Q: 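Here you can see tozasertib bound to Aurora kinase B.
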Amino acid sequence: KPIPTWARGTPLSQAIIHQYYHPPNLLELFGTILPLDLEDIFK
Amino acid sequence: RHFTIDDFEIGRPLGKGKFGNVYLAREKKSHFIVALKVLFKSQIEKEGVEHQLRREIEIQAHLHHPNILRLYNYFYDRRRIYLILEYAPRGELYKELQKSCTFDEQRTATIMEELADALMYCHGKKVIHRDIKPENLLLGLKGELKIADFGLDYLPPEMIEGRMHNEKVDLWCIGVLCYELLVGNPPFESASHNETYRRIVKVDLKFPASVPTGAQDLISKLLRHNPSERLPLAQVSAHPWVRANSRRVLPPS
Ligand SMILES: Cc1cc(Nc2cc(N3CCN(C)CC3)nc(Sc3ccc(NC(=O)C4CC4)cc3)n2)[nH]n1
């Protein structure tokens with residue numbers, strides 16, 4: 001599989017450092033982890 | 001709130017199959033880099049671990065610590081369960097131990113301080129055990145430890161939800177890790193299982209010249225047959241050796 005520029009080599013590395021120094025609000029970006037609904041999943 | 005596979009971009013696979021179906025991804029809207037792990041319901045149904053997972057997710061749900069790999073959220077389709085997880089840029093510890101062969105005092109002591117705080121945190125949040133085998137340990141950007149943990153009528157719920165490990169099992173595993181980091185192999189390794197078991201139960205611990213006195217003391221205090229005699233977490237992070245050699249970095253967490 002060809003590997004996107006962003007995911008390879010250097011541009012990955014920069015994306016990581018920025019992200020490391022800019023910890024965003026995780027409640028916003030992802031939300032509230034809901035209880036796993038075992039039945040509405042395996043049936 | 002809601003999520004689908006359609007709002008991530010895959011970068012590359014990570015496991016090489018070793019850790020299942022795991023992928024470097026970023027969320028399309030934010031360009032935030034996560035690690036995405038795909039779980040097949042057929043593999044779960046099979047092994048009958050649906051209640052572990054349910055419960056595991058509830059555990060991770062409220063586990064915010066810079067030395068615990070973070071679960072951001074999850075989602076599912078007709079056949080798969082996807083976990084949106086924190087991406088640890090330096091990957092697996094056990095590979096970095098190979099590149100290194102062994103770890104110096106500072107690296108190893110730092111890792112003992114990070115473990116001790118991660119696990120103490122966990123107790124304070126009613127999570128009494130976590131799996132620490134070197135397979136489960138990842139490295140942050142600045143080298144920081146990241147513990148990554150997934151895997152009849154008379155059975156109580158704790159057995160069904162997988163939550164059966166004792167608090168003092170980890171203290172032992174801490175000893176084993178410390179030794180393996182400094183020596184480059186575990187303390188009771190052998191040609192055979194029979195021999196290894198005999199060595200483990202007899203705690204036949206032998207320190208080579210490459211283990212500094214201070215480590216011998218810590219390790220000897222953790223690796224005790226009797227679990228009540230094992231050195232508490234609070235005393236592991238307060239150990240003189242650990243405290244003198246630990247140069248621990250923290251992220252803006
Ligand atoms: C889940 C996860 C994985 C990562 N990061 C990485 C990073 C990585 N790298 C490959 C080697 N170079 C040096 C770049 C870093 N290699 C792996 S290989 C790997 C894959 C999976 C796991 N562990 C799991 O998937 C556990 C959570 C279920 C450990 C190592 N995982 N962050 N988060």
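A, B, ... follow the sequence lines: proteins, then strands. Residue 1 opens every chain. As the structure lists them, so they are numbered: ligands from 1, and atoms in each ligand from 1.
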Q: Okay, with a cut-off of 4.0 Å on heavy atoms, which other chains neighbour tozasertib (ligand 1)?
A: B
Q: If you map the residues of chain B that touch tozasertib (ligand 1) onto UniProt domains, which domain comes out on top?
A: Protein kinase
Q: Would you find the UniProt active-site residue of chain B that's nearest to tozasertib (ligand 1) and tell me the heavy-atom distance to 1 Å?
A: B:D131, 10 Å
Q: Quick one: what's in the binding site of tozasertib (ligand 1) at 4.0 Å, using heavy-atom distances?
A: B:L14, B:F19, B:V22, B:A35, B:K37, B:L69, B:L85, B:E86, B:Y87, B:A88, B:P89, B:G91, B:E92, B:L138, B:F150
